[PDB]
S.K.: 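As an example, take this structure containing levetiracetam.
Chains: lettered A, B, ... by order of sequence lines. Here chain A follows the PDB entry for its numbers: 145-321, 330-400, 421-588, 595-742, in order, are the residues you see. The numbering of chain B matches the PDB entry: 4-124, in order. The PDB entry numbering applies to chain C: residues 925-936, 950-979, 991-1004, 1012-1061, 1070-1181, 1188-1315, in that order. Going by what the header records, the deposited coordinates were determined by electron microscopy, 3.6 Å. Both ligands and their constituent atoms are indexed starting at 1 by order of listing.
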Amino acid sequence: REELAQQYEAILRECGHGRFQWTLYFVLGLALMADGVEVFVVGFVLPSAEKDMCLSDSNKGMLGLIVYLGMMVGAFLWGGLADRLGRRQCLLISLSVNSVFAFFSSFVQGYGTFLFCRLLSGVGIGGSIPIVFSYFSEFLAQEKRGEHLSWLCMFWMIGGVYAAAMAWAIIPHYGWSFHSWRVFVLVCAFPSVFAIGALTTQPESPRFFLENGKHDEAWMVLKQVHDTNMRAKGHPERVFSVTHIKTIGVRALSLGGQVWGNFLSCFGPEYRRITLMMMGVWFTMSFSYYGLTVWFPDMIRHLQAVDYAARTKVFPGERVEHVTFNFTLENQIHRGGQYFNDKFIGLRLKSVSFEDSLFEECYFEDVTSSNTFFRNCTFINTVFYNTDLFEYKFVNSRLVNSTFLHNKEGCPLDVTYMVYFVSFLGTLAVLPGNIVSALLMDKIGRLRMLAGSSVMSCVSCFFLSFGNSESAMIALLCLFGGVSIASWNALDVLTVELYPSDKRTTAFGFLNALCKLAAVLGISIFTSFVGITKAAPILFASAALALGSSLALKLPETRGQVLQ
Amino acid sequence: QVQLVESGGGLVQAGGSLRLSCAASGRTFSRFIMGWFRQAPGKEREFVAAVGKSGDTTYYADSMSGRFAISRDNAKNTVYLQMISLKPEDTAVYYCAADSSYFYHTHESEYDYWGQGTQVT
Amino acid sequence: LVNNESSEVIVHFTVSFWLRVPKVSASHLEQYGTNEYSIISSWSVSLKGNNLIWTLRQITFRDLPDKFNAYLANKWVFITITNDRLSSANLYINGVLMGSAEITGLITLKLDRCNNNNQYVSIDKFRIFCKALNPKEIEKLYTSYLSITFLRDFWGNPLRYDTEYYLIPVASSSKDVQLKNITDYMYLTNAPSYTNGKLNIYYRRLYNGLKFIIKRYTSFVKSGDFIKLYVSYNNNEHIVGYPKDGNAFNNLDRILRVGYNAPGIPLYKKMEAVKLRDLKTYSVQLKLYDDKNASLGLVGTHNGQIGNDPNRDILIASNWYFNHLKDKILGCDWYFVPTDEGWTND
Ligand SMILES: *[C@@H]1O[C@H](CO[C@@H]2O[C@@H](C)[C@@H](O)[C@@H](O)[C@@H]2O)[C@@H](O[C@@H]2O[C@H](CO)[C@@H](O)[C@H](O)[C@H]2NC(C)=O)[C@H](O)[C@H]1NC(C)=O
Ligand SMILES: C=CCCCCCCCCCO[C@@H]1O[C@H](CO)[C@@H](O[C@H]2O[C@H](CO)[C@@H](O)[C@H](O)[C@H]2O)[C@H](O)[C@H]1O
Ligand SMILES: *[C@@H]1O[C@H](CO)[C@@H](O[C@@H]2O[C@H](CO)[C@@H](O)[C@H](O)[C@H]2NC(C)=O)[C@H](O)[C@H]1NC(C)=O
Ligand SMILES: *[C@@H]1O[C@H](CO)[C@@H](O)[C@H](O)[C@H]1NC(C)=O
Ligand SMILES: CC[C@@H](C(N)=O)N1CCCC1=O
């Protein structure tokens, strides 16, 4: 095994980095872009789709977590299958599934079938990072590989900004009407289509063929890589004189056995310590990262809610008689009023409350209320014609001789720009971290860079209390996102270089499934901290990153070594 | 299917007071707008009073505010209709109904389930 | 003049006089809305509901719907009714032409033909010129009667010490003054309002909020005088003032405090009542000095957030208002509205 790797490294080391490596970089960055787009689709869609689809808070949470659950299943499944079948073929299959179900997710009305479609889309896109990083690792020489794999993660933010821009440019056109958010989903499903469009024109990695005892195919693939690179390099005349490289229902059962055996061999005597340390590192970093990134927007929303409550105005002791009103109101409180013989036609309300009032012989007509309530009010001989006033809108009230007529239809649930801008800021703030990590991975080292980024993030977590205003949260989120990305780039580079080529996609995929599993738990735990002491998330995220840092330092070193 | 039964009726001297208890069954009881209907001899069912899904708001019919009081107890899963100053005109079979809609309604067609009914003299 | 057979005044072109018509109740307006009762007859002057009528040809001027700024409310007004026989007649209120009639081809001061026992109107300064006055003459007349000899309350009556008053900002009349806590600040709040579409009348309730007192430093309030302002709260007077080095907006809009009592700290409680702008309106400006004779600034309001309390309009005594005396509307003017029997909330 060690003898084959030395020979293979020489073939790529002599030929050098040419057009082929760049072409593959782009056609794989397309798939990473597809993943980066898919991660935000449900997030940007909930506020708009909450009305049409009659969604409650529990449904909002389930829709939030379904993408991560699908990615969790898909990472393991495609990682296991890629080793036995290949990298190109499994990437094609996974991305085709993603694109097809994402396309069918826009023309869906029901909530359960929408959840099912998003789950299958997540399953499809789950196999992006494992197959992409592995399949590209086999065209790079040890002279410079840490740098090359780091630039490969620059496309995830491209996907993120693409999704944010389309959300900003498609969602706010509420007047299109099938509403706009479906068109936004359809637009966001295009990167996967481009991924299959480009990926079908690239070869399967030589290493898979060599490991499967198909040396002829590896030879022709290396011949193609040599030809493409020599077509426009300094020296085009040298011929590929390298001879052959060293040679080393039923199908369903065979694949099931082989995938299980490959997964089990990762816990063997030689890959026990490495697997345990990587499990710990992946779990702890994923937990903190997802917890903080979903905790910041919730805090911003909470602060905005507090400011809105502080902006409310009260109107006490109003008496009205024989008047008509047709003017909108928002964020007001009316206490202790007396209305007799009034009319209310074409009235719109938003976060308006009425306390201790009294309506006698009134008449409502075409009134829509959002977060509007009647507390301790009294109605006598009042008529409600074509109104949205539901049963729960009256609290501690008494109705005498009143009547509802021609009641409106719609979702009975009561909940019938900043997010986009904040998400764009974070996705752009992850840039300098990526640049420094890419330029200094092979110089500083994978282990040192991982440890430094992890401890820096853990220390920066302590300054959460320093920011209390709305502007401070944005800066803190940007600072955390921009400095913690190097930790993930180093981890992706480290996980590839540790396991052998026979297991790298299975081993990377298993750990990525753990990453998604930890993300779900972190999201669930951190969403409930709001309304509680600010020190709790600080303590949790600091302890998690500390445990990650110690374990990460305890791993071995891989810089400057053949990819065995 | 929610099963409703009413009890607490019985002959009452003029000007007295009486109570009727409408007990439901099943966990799903906070998702219905409870009501009370009565059917006098020779007349059709007429809506009397109703209470909200949380017991906070009441909904009385014309002239039924002052003699009839309606309340619900979620802990015991039951509804109470207190009547005072009973006159001979208040002779009927008082039914207990359930409505799953999100609006207060007086028509009997809108209400989903019904009760066995009890006689009040 | 009251609705009594013994309340009469007998005396043995153009006509001018001052009038104060108490506000008409909703029930009274509904009942006695059409009945016409005259006040001065010879031509004649009569009142019908919320309408002032000049009887010769005839003229009818309708009062404004908002009783707060209406002329037939409890406030004192100046009425000039020009009678130019050659061309026409023009009627001026407060030197403003509210109408006229084309009189072409053509003394007792008591309530006549009135069925209400509570109808009483005050008439003062009855004059009868021997010609027709022009706009300049009317402007001069109205300016001549109003002077700076003494401040005036909301209804035009002169201010008096030892009297409960309600303060109402001139710029924002729909707000009342409330005190958060003792030894704390005061903020403006919305006031209860009454509206009637059938009768076409509306206004704001005029007897809610803090009750203030103007007391001598050491019996009418005189312009440019030194006073101490107390706030009545739970049958106890609380001095108003700005404590030394207190919190303020922008370091110069000092926030006043009521009943402040901090040991070892000095409290400024000297104010000056002055009338510096809008001689034609009944508003009072207050200056707040210090122990060193410096001028802290006239009492005003600023919008901000003190602590965790909601954004409000905090009563402050800033010196910024002295630079904008030429402004059309200024936030340093207040109305002292004592309780009166000619205004009762409907
Ligand atoms: C209880 O209300 C009824 C019904 O009110 C009428 O119908 C409503 C839908 C709405 O349009 C109301 O404005 C109507 O008044 C009252 O019955 C009416 O009473 C008025 C009294 O002037 C009479 O003129 C109408 O003819 C009545 N209508 C009918 C159909 O009989 C009833 O009076 C109210 N009861 C009490 C105690 O106030
Ligand atoms: C579902 C129904 C919920 C119940 C809604 C009750 C809301 C009560 C509304 C109170 C507002 O009452 C309204 O305030 C304005 C002043 O701001 C008054 O004054 C106004 O009257 C006229 C109406 O155009 C105009 O002169 C001016 O707009 C204004 O002066 C109105 O005469 C009064 O009718
Ligand atoms: C509901 O509003 C009523 C008024 O409509 C409140 O009862 C009033 O309370 C005040 C303050 O003590 C009393 O002066 C009034 O006499 C009461 N009115 C009546 C008719 O009893 C009542 O407290 C309010 N309930 C709640 C829960 O806020
Ligand atoms: C409300 O009514 C007023 C008065 O008739 C009218 O000018 C205004 O346009 C109406 N508003 C709407 C939204 O119809
Ligand atoms: C787990 C994949 C990894 C990567 N380098 O693509 N990262 C880093 C940003 C969040 C994420 O998923």
S.K.: Specify the chains or ligands that represent levetiracetam.
M.R.: ligand 5
S.K.: Could you peek at this structure and say which chain has the most contacts with levetiracetam? A name from the PDB entry would do.
M.R.: Synaptic vesicle glycoprotein 2A
S.K.: Return the chain letters whose heavy atoms come under 4.0 Å from levetiracetam, other chains only.
M.R.: A
